[PDB]
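First the proteins, then the strands, lettered A, B, ... as listed; each starts at 1. No hydrogens, no waters, no symmetry mates; every other heavy atom, side chains included, goes into these values. Atoms within each ligand, like the ligands themselves, are counted from 1 in listed order. Determined via X-ray crystallography, 1.8 Å.
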Number of protein chains: 4
Amino acid sequence: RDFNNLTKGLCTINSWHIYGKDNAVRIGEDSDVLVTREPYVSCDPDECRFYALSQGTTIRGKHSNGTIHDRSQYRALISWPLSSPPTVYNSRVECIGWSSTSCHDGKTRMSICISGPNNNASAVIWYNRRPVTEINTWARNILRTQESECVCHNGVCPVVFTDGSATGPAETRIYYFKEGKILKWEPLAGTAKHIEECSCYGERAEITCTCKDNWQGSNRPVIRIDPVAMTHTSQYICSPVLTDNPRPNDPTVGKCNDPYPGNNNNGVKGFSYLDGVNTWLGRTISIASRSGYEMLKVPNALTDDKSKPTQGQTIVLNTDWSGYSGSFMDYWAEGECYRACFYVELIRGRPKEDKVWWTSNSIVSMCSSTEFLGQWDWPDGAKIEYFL
Amino acid sequence: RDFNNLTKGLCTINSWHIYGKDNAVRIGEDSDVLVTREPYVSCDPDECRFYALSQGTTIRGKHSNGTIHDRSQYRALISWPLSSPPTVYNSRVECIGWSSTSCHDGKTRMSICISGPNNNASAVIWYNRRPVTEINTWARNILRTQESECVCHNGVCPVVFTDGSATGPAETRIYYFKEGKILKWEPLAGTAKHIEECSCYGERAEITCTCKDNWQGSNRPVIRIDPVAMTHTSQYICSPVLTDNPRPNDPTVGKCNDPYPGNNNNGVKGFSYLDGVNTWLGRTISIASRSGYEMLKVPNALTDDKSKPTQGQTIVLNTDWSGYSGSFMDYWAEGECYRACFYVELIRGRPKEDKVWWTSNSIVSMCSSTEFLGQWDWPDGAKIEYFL
Amino acid sequence: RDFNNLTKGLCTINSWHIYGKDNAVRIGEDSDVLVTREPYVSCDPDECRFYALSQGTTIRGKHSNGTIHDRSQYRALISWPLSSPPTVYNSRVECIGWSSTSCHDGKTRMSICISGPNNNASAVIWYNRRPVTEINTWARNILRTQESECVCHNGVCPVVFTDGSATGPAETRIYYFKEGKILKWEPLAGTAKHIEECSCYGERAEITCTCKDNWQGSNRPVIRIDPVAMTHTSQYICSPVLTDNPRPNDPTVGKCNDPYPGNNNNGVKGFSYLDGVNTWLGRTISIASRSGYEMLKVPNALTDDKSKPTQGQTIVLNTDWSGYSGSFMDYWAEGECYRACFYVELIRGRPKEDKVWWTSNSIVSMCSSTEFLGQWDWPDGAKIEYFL
Amino acid sequence: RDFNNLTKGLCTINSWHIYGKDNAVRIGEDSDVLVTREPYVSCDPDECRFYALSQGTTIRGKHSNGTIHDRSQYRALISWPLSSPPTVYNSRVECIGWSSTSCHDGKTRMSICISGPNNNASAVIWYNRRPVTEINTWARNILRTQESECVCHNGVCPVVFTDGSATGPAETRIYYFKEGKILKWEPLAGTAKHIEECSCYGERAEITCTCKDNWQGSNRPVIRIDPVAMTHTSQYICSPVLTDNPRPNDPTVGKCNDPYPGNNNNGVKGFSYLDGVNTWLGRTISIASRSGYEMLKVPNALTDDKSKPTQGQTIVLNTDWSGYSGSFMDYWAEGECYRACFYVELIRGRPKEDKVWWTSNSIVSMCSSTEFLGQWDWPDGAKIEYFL
Ligand SMILES: *[C@@H]1O[C@H](CO)[C@@H](O[C@@H]2O[C@H](CO)[C@@H](O[C@@H]3O[C@H](CO[C@H]4O[C@H](CO)[C@@H](O)[C@H](O)[C@@H]4O)[C@@H](O)[C@H](O[C@H]4O[C@H](CO)[C@@H](O)[C@H](O)[C@@H]4O[C@H]4O[C@H](CO)[C@@H](O)[C@H](O)[C@@H]4O[C@H]4O[C@H](CO)[C@@H](O)[C@H](O)[C@@H]4O)[C@@H]3O)[C@H](O)[C@H]2NC(C)=O)[C@H](O)[C@H]1NC(C)=O
Ligand SMILES: *[C@@H]1O[C@H](CO)[C@@H](O[C@@H]2O[C@H](CO)[C@@H](O[C@@H]3O[C@H](CO[C@H]4O[C@H](CO)[C@@H](O)[C@H](O)[C@@H]4O)[C@@H](O)[C@H](O[C@H]4O[C@H](CO)[C@@H](O)[C@H](O)[C@@H]4O[C@H]4O[C@H](CO)[C@@H](O)[C@H](O)[C@@H]4O[C@H]4O[C@H](CO)[C@@H](O)[C@H](O)[C@@H]4O)[C@@H]3O)[C@H](O)[C@H]2NC(C)=O)[C@H](O)[C@H]1NC(C)=O
Ligand SMILES: *[C@@H]1O[C@H](CO)[C@@H](O[C@@H]2O[C@H](CO)[C@@H](O[C@@H]3O[C@H](CO[C@H]4O[C@H](CO)[C@@H](O)[C@H](O)[C@@H]4O)[C@@H](O)[C@H](O[C@H]4O[C@H](CO)[C@@H](O)[C@H](O)[C@@H]4O[C@H]4O[C@H](CO)[C@@H](O)[C@H](O)[C@@H]4O[C@H]4O[C@H](CO)[C@@H](O)[C@H](O)[C@@H]4O)[C@@H]3O)[C@H](O)[C@H]2NC(C)=O)[C@H](O)[C@H]1NC(C)=O
Ligand SMILES: *[C@@H]1O[C@H](CO)[C@@H](O[C@@H]2O[C@H](CO)[C@@H](O[C@@H]3O[C@H](CO[C@H]4O[C@H](CO)[C@@H](O)[C@H](O)[C@@H]4O)[C@@H](O)[C@H](O[C@H]4O[C@H](CO)[C@@H](O)[C@H](O)[C@@H]4O[C@H]4O[C@H](CO)[C@@H](O)[C@H](O)[C@@H]4O[C@H]4O[C@H](CO)[C@@H](O)[C@H](O)[C@@H]4O)[C@@H]3O)[C@H](O)[C@H]2NC(C)=O)[C@H](O)[C@H]1NC(C)=O
Ligand SMILES: *[C@@H]1O[C@H](CO)[C@@H](O[C@@H]2O[C@H](CO)[C@@H](O)[C@H](O)[C@H]2NC(C)=O)[C@H](O)[C@H]1NC(C)=O
Ligand SMILES: *[C@@H]1O[C@H](CO)[C@@H](O[C@@H]2O[C@H](CO)[C@@H](O)[C@H](O)[C@H]2NC(C)=O)[C@H](O)[C@H]1NC(C)=O
Ligand SMILES: *[C@@H]1O[C@H](CO)[C@@H](O[C@@H]2O[C@H](CO)[C@@H](O)[C@H](O)[C@H]2NC(C)=O)[C@H](O)[C@H]1NC(C)=O
Ligand SMILES: *[C@@H]1O[C@H](CO)[C@@H](O[C@@H]2O[C@H](CO)[C@@H](O)[C@H](O)[C@H]2NC(C)=O)[C@H](O)[C@H]1NC(C)=O
Ligand SMILES: CCC(CC)O[C@@H]1C=C(C(=O)O)C[C@H](N)[C@H]1NC(C)=O
Ligand SMILES: CCC(CC)O[C@@H]1C=C(C(=O)O)C[C@H](N)[C@H]1NC(C)=O
Ligand SMILES: [Ca+2]
Ligand SMILES: [Ca+2]
Ligand SMILES: [Ca+2]
Ligand SMILES: [Ca+2]
Ligand SMILES: [Ca+2]
């Protein structure tokens, strides 16, 4: 109809309720489920769907061997109905590639897939299910993007890309698209020293992205974008409650403009909702691996370097595998506020579970509630032994 | 379009004709059918569909082992086309959880799923396929609801919940929702001593619910709701024709305001159509187990404590497994009356058939006919031996 | 939109072109295809689909054992996209039962399924995907109907039913429905001595049905219905070119008002287009079994007792299995005439191929061409050996 | 809406970006994927889909044995969602046959399937999913057509057919259809000596077809059609950059009006975009077999007999199997020009990989970019060893 405008502010997050779960690995043990990773969720005005990067093979299929690898010519961004698994029969391919993002602007959807060899990748921007624009690698070192939904405001949908090293400075760019065409692009500015896999959400005409500093920081870099001025700023979450993984133990004071040191060249895509006292941080329970997942209310985390938790909710027990996590919201819901949501990628198989030769995952996702709801843990649920 | 209003009375039930049957267990022996239980049927203005709680695994899949269990994080309310089986590929997830209800108000559908650990469950009310309201457990003991469709009148859709003991008094509440929001809730009143899994239907602006007294009664408790005044009353079916299971043998006189004694802490979800002489009761044939199923016309059963059958129809032979049963009607059909319908859950596997490690079911459903039709029996149809 | 009216006459049939073929048995050897029999084809204003009676099990599934049997509680009328196979995932159940008919009246579709034990069957007439009317058995001996599409004119859709013996006189009735309701019914009149499984088509406000005299006739009985007057007549095809199976060898003169003798208590559903010189008869090649299939142009077959073929087309070689055949046409196609079409049921398995324990079939269907097209043979295509 | 008119010229092709890839053979190793060959891509105004000729069996099914054969009664033209594989469950049959073409005219789609024995084939032209016209073989020797999309202009959709020898002169005809009816047909004229499997595209009211001279030429014959005058001309691509396979090594000067000699009675369906300096040729890398695939920019290839490459892009490595290739474009995309696209059939199995008894393929497809994008190679991806 008309382009959506981020006119509402976030609803108050007093707890998280269960939104969607596909039990893909459980079900896929005996049905045609595609091997995936890098999932996310994204809504259209009339439907919300699960998204991920397929590996171009079923889990039980012999080609599942080797799916720990990230970039092959057999991957593709696919979307499928909320809480169903990604099956060969219900999965819709949005584009071909090994890194992606996607978002609906109110009128139609924009999907971006990057493919190529490490030194010659290219992104192709699809709009209304057609290819419209192409961007060639600018640093010749794995051009890559968000791995979760982008956000639009009045037709403008900003997307964060990174090209170059994952263990040193790189060339991050913020592209502002409208109807799949490039209106403008900036180089990253601000104090964030390295940016990868940004998780974004929007409210009151501002887009917030919580990304990952793969190079040095265990605290998360944050990019705030003005989609009207088409400008942005960058910093780190000030809070001592560190949210990357692996990471050191939490200090009593964090860092606002430098990566918090202790762990180099590693990390995981993650997210956060930064909204004054209505601030909630997601993070793995383990400081060593992608294990467990919890939400922590840390009032003023972004700007208060001594902020510590005031409430919390466990999402996945530390005795269960987690992985990537990101943000999304249904901008077309009823009501006066946007209900914060997020998903957690539950990785199964390699490298942690090497008795099988594949790597895949299932999805669990929650949204906020103004009630103070009881909590449950949500694991993948599959028994690896069955796959042997 | 406009909210549906219960303006018609029931059609005269002279017999029951076959409406839908999915043969899920037969077919699932060699195809991707999800393991389920707690099924029901429910109509939208343009389609009627089968509903149930999936166990997040196929019947032939190795994760089918253990599905006798009721509440896990892998369950979800799913709906699929009438008379098809619940397959991994045609099943639509309405919400995540282990207890549910769902009903269309004429404009759109409301679905409610409860999930959680026993002491910290919560219900989330979805409307127009989006989460709108959340209700936290109030007694911290398995918050649970109908397991069959709710009914709406002018936008108001009442739902009966129970939280607390299953073998002593509990806290039952009747919530009145409109567009997924709570308009009001009452505590249970009347003479019903325990309420669980209500089967409801509506006619001439009144909603009737035949539930289950798990605690003491072998006769069924009944809740009649006025969706305009948003008030209700409760009693038991007066009739000596007892309809719970297990149950004692039928007496010659029943009880109108107390549970009929003889069996404690057990029972099964069931239903009835209470309409003066046009009154029909469903019940298992066996007084000891979920075996067989029959419909009995017991004129004035609700209010006549000596009422006995005047006609009847066998639905499932006593030599076949049955289970839950509930009511639904197509409120959007042509004609001057609402045609009473019902479904019977045909449970296969555990605990009665323990040579297999799973528990599932198929569905058979009938609707009334003003003709006096010949009768047939409708069993699940699967040979367990094939699954060994 | 508006009710369809049979305003056109048949197109000239100079040959038959391939219309649809599903290769169901071939494909089903390694995919979730339902076991069926009694197929047919039928069009809606915007789509033409394949129809059949499922056996409630896949071909490879263990429950396929025993599907030679005709009437069980696991059967159902299903429809699926043209030329696709009937799979567990793409099949839509129209109604439950073991004998059926179905036709679109221009506004919506009417489907009829009969179910029951032999002495207590009942038909339920669905209209606009809802049950509207029910008819109880009147002779208590396998109430049964067409097994191919019915035809409508201005909302009136006549259907031929038979109840009673299959090897002696029976009670055949012609019901005239409008919006699933009964307007009127007649007993069979005319010279046809026994009627079963009528194949019908309509043109210029007249409905022609070529049926089967299971009792005594090897020539086919024909019922011509006036859907406005709601009256009909009956006779046999006069032609010496006999079209039932089994049957005696062709004589030089046939019979117009009595069954042509030689074979008792047996036969197969078949059809014909009776249109003066534009008359074409379908029949198995073998006079002993359901083997092969050919179309023969026999000018004035209905009324000329010495009529013999003037042209012909082989559809299935005598070295391949055939079975039932029936008529249908797309009444919503462009053009000035109705293009005659038909399907042939290609039966595989029992009783002819008993190395397997199942019985199923695939479908091949043709429509007429005003061209004189080259001919090909169209067998099922499956190798039974693969199923052993 | 209204008939589409080829009003735009081609966009400048500076490189090729990835458009679609289905990884059908990889995925089909463990899921219900149909065995195919002769694929292509074609767009409707609101969707672009993959197309191919099914073999009426899954790859893993036992009937896959023997699918190296071209013409059987079990083949059918099927279409399925872009980048999904052709599965038994998501494939839509357009028509029955072993040679086909299909194109949308802006209002609806025309599909043509030819079936028959070698000496008695016939084409049936479907429009708006209904059979409209039939054409009988005129030379009684494998009537055959494009195997890729046709193109329409103001309702007129020309199609090139060939009937007769594949190793000597044959009878090629250009039919001009409108709404599935024949407006006119011409015999082939011009200097092309043999025509088979034309790949066509349209721009600025002219339709260009790059075909195959199976008889003598290693350079490709080209047919340019005026869909308004309904006339055409024919010649060969003048360029020394030879594009058929097998073929001799490239000379320094090609032939404009005679086949370039060196290889007889063999070849492969291929294509090209002939647009002055914006001219790009596709071809296998190997001069001996269907191995590898590359795009070469050969300015003025059609008319310059000494034209050689000025830029190029590898699509498939010479160490991977290729096969057929053809053209298509989305005539309903936004923008001021038509973006050239093409697909490559990646053949797996027989005859090159004979350890398996089947022959199938997957599809990879690209479209042009005005950017100068990095290149990647796109192989089928399946390991034959897994199928043993
Ligand atoms: C039914 O449902 C309800 C609803 O969920 C249940 O009630 C909830 O219960 C939760 C668990 O108790 C509770 O969550 C906790 O909230 C704490 C904050 O509240 C308390 O402090 C505030 C502030 O003073 C008070 O106002 C309030 O009254 C409370 O006293 C959080 O602090 C908790 O998180 C911390 O603990 C967990 C382990 O429990 C850690 O996993 C987590 O990371 C936090 O602790 C680490 O991080 C801090 C900050 O740096 C460190 O100081 C601390 O030492 C930990 O650091 C180590 O561990 C981390 C992680 O591994 C590592 O990185 C680091 O290096 C160190 O190794 C927790 O979130 C809910 O808020 C509460 N909800 C509600 C509405 O009440 C109820 O129990 C259920 N009922 C039943 C019967 O079960
Ligand atoms: C073709 O189709 C038609 C259509 O269906 C067939 O005709 C139908 O046939 C049915 C079976 O006969 C018949 O159903 C019965 O109806 C009885 C009522 O009608 C009779 O009584 C009235 C009232 O006086 C008369 O007007 C009428 O003319 C009849 O005489 C019911 O009473 C029957 O139900 C009871 O019996 C069945 C077993 O048959 C039990 O399963 C059932 O629960 C009922 O009996 C128990 O309950 C009562 C009440 O408490 C007890 O008194 C009794 O002792 C039983 O109690 C024990 O069993 C229960 C259950 O296990 C247990 O809980 C308890 O503790 C005790 O252990 C039955 O419903 C249809 O009405 C009739 N329909 C029509 C239209 O005619 C026709 O036969 C078919 N044709 C062929 C050729 O097959
Ligand atoms: C390419 O394609 C074209 C297009 O299809 C091919 O040409 C077609 O070829 C067909 C086969 O030749 C041909 O079909 C036959 O047509 C005959 C009628 O035409 C002839 O007679 C007329 C009338 O005088 C002439 O005008 C005309 O010029 C011809 O001379 C039919 O009579 C044929 O049917 C009979 O034979 C077949 C076997 O071929 C039987 O299966 C069939 O049942 C018919 O015969 C039985 O029935 C009759 C009637 O009672 C009996 O008299 C006879 O003895 C048979 O009876 C026995 O068998 C039956 C069946 O088993 C049994 O019940 C009975 O008891 C007895 O045992 C046949 O239909 C097409 O018309 C022709 N089409 C066109 C447009 O030309 C062309 O060949 C192909 N090209 C190549 C290179 O292959
Ligand atoms: C990242 O991405 C970019 C973008 O793709 C990469 O850059 C691209 O690199 C490509 C490979 O180098 C390059 O493709 C080549 O382009 C050549 C034309 O450009 C050159 O010549 C022009 C004209 O003078 C100059 O202007 C220009 O500056 C260049 O110097 C083509 O000529 C190439 O094709 C020929 O070679 C390939 C093998 O490389 C053959 O497969 C192909 O068939 C061509 O050669 C055969 O055919 C010719 C013509 O008849 C014969 O003369 C020749 O001998 C060959 O003949 C034999 O082989 C054929 C085929 O088997 C057989 O039939 C015959 O009988 C003989 O046996 C090639 O297409 C891109 O244009 C370039 N793109 C861009 C934008 O720059 C970049 O490298 C990537 N980065 C990294 C780090 O990898
Ligand atoms: C989002 O904001 C823009 C205004 O910036 C709205 O756009 C106006 O929409 C109306 C109706 O389409 C037009 O007449 C105006 O010209 C539009 N645009 C501009 C850019 O001036 C848009 O409608 C808003 N979206 C919604 C859903 O309200
Ligand atoms: C059900 O009853 C309500 C009246 O209570 C009907 O609601 C009225 O509908 C018309 C048309 O939408 C409005 O103008 C009235 O204001 C509506 N509501 C009320 C609450 O006054 C409703 O249309 C009835 N539903 C149907 C299907 O007839
Ligand atoms: C089929 O015939 C009937 C006439 O018998 C047509 O019915 C008339 O349709 C118009 C428009 O709907 C009405 O105003 C008339 O009253 C209708 N009916 C009768 C029974 O008089 C019908 O439209 C015809 N169908 C088509 C497709 O032309
Ligand atoms: C393609 O060209 C034809 C003109 O040749 C356009 O056809 C005209 O369309 C308008 C609106 O439908 C009619 O009033 C004219 O009579 C049409 N046709 C002719 C043949 O004169 C057609 O609309 C064009 N297509 C598009 C998409 O613009
Ligand atoms: C390119 C380096 C980057 C950071 C190490 O790699 C990612 C890490 C991943 C991970 O840590 O799990 C998975 C992503 N699929 C991958 N991105 C790409 C494009 O391969
Ligand atoms: C009829 C001869 C023609 C050229 C040799 O054959 C084609 C070659 C093919 C090929 O070279 O792979 C495949 C096509 N499926 C086939 N066409 C038909 C109708 O069978
Ligand atoms: Ca399987
Ligand atoms: Ca880090
Ligand atoms: Ca009880
Ligand atoms: Ca007979
Ligand atoms: Ca050649």
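- Of the chains near ligand 10, the one making the most contacts is recorded in UniProt as Neuraminidase.
- Notes: drug at ligand 10 recorded as oseltamivir carboxylate.
- By chain letter, those with a heavy atom nearer than 4.0 Å to oseltamivir carboxylate (ligand 10) are D.
- The set of residues with a heavy atom less than 4.0 Å from oseltamivir carboxylate (ligand 10) is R37(D), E38(D), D70(D), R71(D), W98(D), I142(D), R144(D), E196(D), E197(D), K212(D), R290(D), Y324(D).
- Every atom of oseltamivir carboxylate (ligand 10) with a heavy atom of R144(D) under 4.0 Å away is listed here by number and element: 1 (C).
- Closest to atom 17 (N) of oseltamivir carboxylate (ligand 10) among all protein heavy atoms lies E197(D) OE2, 4.5 Å.
- Regarding atom 9 (C) of oseltamivir carboxylate (ligand 10), its nearest protein heavy-atom neighbour is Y324(D) OH, 2.8 Å.
- Residue and atom in covalent linkage with oseltamivir carboxylate (ligand 10): none.
- The closest protein non-hydrogen atom to atom 18 (C) of oseltamivir carboxylate (ligand 10) is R71(D) NH1, 3.7 Å.
- Less than 4.0 angstrom separates some heavy atom of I142(D) from each of these atoms of oseltamivir carboxylate (ligand 10): 1 (C), 19 (C).
- Less than 4.0 angstrom separates some heavy atom of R37(D) from each of these atoms of oseltamivir carboxylate (ligand 10): 10 (C), 12 (O), 13 (C).
- Residue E196(D) approaches oseltamivir carboxylate (ligand 10) through these ligand atoms, each under 4.0 Å from one of its heavy atoms: 3 (C), 4 (C).
- Oseltamivir carboxylate (ligand 10) has an N or O atom lying under 3.5 Å from an N or O atom of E38(D), backbone or side chain.
- In this structure, atom 6 (O) of oseltamivir carboxylate (ligand 10) has no protein heavy-atom contact shorter than 4.0 Å.
- Taking atom 2 (C) of oseltamivir carboxylate (ligand 10) as the reference point, the nearest protein heavy-atom neighbour is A166(D) CB, 4.1 Å.
- Annotation for oseltamivir carboxylate (ligand 10): atoms under 4.0 Å from non-hydrogen atoms of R290(D) are 10 (C), 11 (O), 12 (O).
- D70(D) OD1, 3.7 Å is the protein heavy atom nearest to atom 16 (C) of oseltamivir carboxylate (ligand 10).
- Close approach to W98(D) involves these atoms of oseltamivir carboxylate (ligand 10), each under 4.0 Å from a residue heavy atom: 19 (C).
- Residue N214(D) has no nitrogen or oxygen atom sitting less than 3.5 Å from a nitrogen or oxygen atom of oseltamivir carboxylate (ligand 10), judged on distance alone.
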Find all protein N or O atoms under 3.5 angstrom from an N or O atom of oseltamivir carboxylate (ligand 10) and list the pairs with distances, or write 'none'.
residue: oseltamivir carboxylate (ligand 10); atom: 11 (O); partner: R290(D); partner atom: NH2; Å: 2.7
residue: oseltamivir carboxylate (ligand 10); atom: 12 (O); partner: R37(D); partner atom: NH1; Å: 2.8
residue: oseltamivir carboxylate (ligand 10); atom: 12 (O); partner: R37(D); partner atom: NH2; Å: 3.3
residue: oseltamivir carboxylate (ligand 10); atom: 12 (O); partner: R290(D); partner atom: NH1; Å: 2.9
residue: oseltamivir carboxylate (ligand 10); atom: 12 (O); partner: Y324(D); partner atom: OH; Å: 3.4
residue: oseltamivir carboxylate (ligand 10); atom: 15 (N); partner: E38(D); partner atom: OE2; Å: 2.8
residue: oseltamivir carboxylate (ligand 10); atom: 15 (N); partner: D70(D); partner atom: OD1; Å: 2.8
residue: oseltamivir carboxylate (ligand 10); atom: 20 (O); partner: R71(D); partner atom: NH1; Å: 2.6

